[PDB]
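First up is the structure itself, then whatever we jot down about it.
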Protein chains: 2
Amino acid sequence: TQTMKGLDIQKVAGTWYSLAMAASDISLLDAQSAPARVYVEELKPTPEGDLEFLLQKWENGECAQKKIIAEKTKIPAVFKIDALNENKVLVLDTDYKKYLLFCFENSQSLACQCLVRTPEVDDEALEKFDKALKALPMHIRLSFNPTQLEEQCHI
Amino acid sequence: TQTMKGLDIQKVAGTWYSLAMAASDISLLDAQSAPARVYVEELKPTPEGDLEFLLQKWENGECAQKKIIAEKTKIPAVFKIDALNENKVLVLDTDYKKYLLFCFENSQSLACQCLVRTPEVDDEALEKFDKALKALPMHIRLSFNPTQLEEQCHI
Ligand SMILES: CN(C)CCCN1c2ccccc2Sc2ccc(Cl)cc21
Ligand SMILES: CN(C)CCCN1c2ccccc2Sc2ccc(Cl)cc21
Ligand SMILES: [Cl-]
Ligand SMILES: [Cl-]
């Protein structure tokens, strides 16, 4: 939809925090176990330029660990998930050292996140997140406080 | 917190739609039966200047009807609910004919709504809602589409 020009994927490696989330549909986020309520722990680019995500997900009554690889495409900012469905991960913007904005898109519904490196509310990153979101048909948004950011599944 | 100057309460009577909702805590809105997921049907000012609300609420697996009176205070924009808890309704802004912004506050947690007269997405009213919200510690926001606005409990 809107993407990071000149993305250097190797430089997104490491720790991240899902500071804020937004989605096209309320049901994607408005339950503790909602489909898009997915918490990023780490991004692990592969030497071949795929992007592995370490995630948490509340499911069947607890906070489960998940590990998913999004495969590279010819566009550096766009990755594809191997599944029954054809979903994409799009990297909208990042400065590598503080924030990264991305969206998960199907083939439609959209969930986006504002990721930050540290458990702090970064108003500048959130401002960039909101600017990105005005071009998208979002209907739910939420953000987490520093206490929650240090808990499993942001409880 | 922030209020409508010169509110004429009699002029808020009639049909309204909860176009958007925001709250201080994610748990107040992030479930179909969450405490602040309350849908406004009608406002009925009394001759004595109290404000009755006709509402819907998803509870015990369906969309229940609710009727609550908020009693006047010496401030025209602030009403008080008779309960074990001391909660207030604050009217932030309205033009009577298109939109009304209000907040429910306890003694703390806050839920606010953008009400509109018709089942339409009013970007100007939502812009006013967002401006009001930047002065408040909100962590979840959602908005409804015209199809949902015509359904019981916005399903
Ligand atoms: C259940 N899980 C194993 C799948 C996670 C899918 N998923 C996802 C995929 C690849 C990289 C990052 C993410 S976060 C995310 C946020 C919103 C939505 Cl809707 C989906 C995702
Ligand atoms: C269960 N129900 C009978 C009580 C509704 C209480 N409540 C409320 C009260 C008076 C006038 C309007 C409202 S809407 C609302 C929005 C958010 C929250 Cl948190 C509370 C309320
Ligand atoms: Cl939104
Ligand atoms: Cl918000």
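Simply put, chain letters go A, B, ... down the sequence lines. Sequence positions for chain A are given in the PDB entry numbering; the residues included correspond to 4-110, 115-162, in order. The residue numbers of chain B are those assigned by the PDB entry, with the residues present covering 4-110, 115-162 sequentially. Both backbone and side-chain heavy atoms feed into the values below; hydrogens, waters and symmetry mates do not. Each ligand, and each atom within it, is numbered from 1 in the order the structure gives.
- Of the listed chlorpromazine, nolatrexed, xanomeline, niflumic acid, the one present at ligand 1 is chlorpromazine.
- By contact count, the main macromolecule holding chlorpromazine (ligand 1) here is known in the PDB entry as Beta-lactoglobulin.
- Other chains within heavy-atom reach of chlorpromazine (ligand 1), distance under 4.0 Å: A.
- Heavy-atom contacts of chlorpromazine (ligand 1) within 4.0 Å involve A/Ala39, A/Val41, A/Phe56, A/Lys69, A/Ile71, A/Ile84, A/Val92, A/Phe107, A/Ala118, A/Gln120.
- What sits closest to atom 4 (C) of chlorpromazine (ligand 1) on the protein, heavy atoms only, is A/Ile71 CG1, 4.4 Å.
- Closest to atom 9 (C) of chlorpromazine (ligand 1), if we only count protein heavy atoms, is A/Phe107 CE1, 3.1 Å.
- With hydrogens left out, the protein atom closest to atom 14 (S) of chlorpromazine (ligand 1) is A/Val41 CG1, 3.5 Å, a heavy atom.
- Close contacts between chlorpromazine (ligand 1) and A/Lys69 involve ligand atoms 3 (C) [criterion: under 4.0 Å to a heavy atom].
- Nearest to atom 19 (Cl) of chlorpromazine (ligand 1) among the protein's heavy atoms is A/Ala39 CB, 3.5 Å.
- Closest to atom 10 (C) of chlorpromazine (ligand 1), if we only count protein heavy atoms, is A/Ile84 CD1, 3.5 Å.
- The protein does not reach atom 1 (C) of chlorpromazine (ligand 1) closely, with no heavy atom under 4.0 angstrom from it.
- Here the heavy atom of the protein found nearest to atom 12 (C) of chlorpromazine (ligand 1) is A/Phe56 CD2, 3.4 Å.
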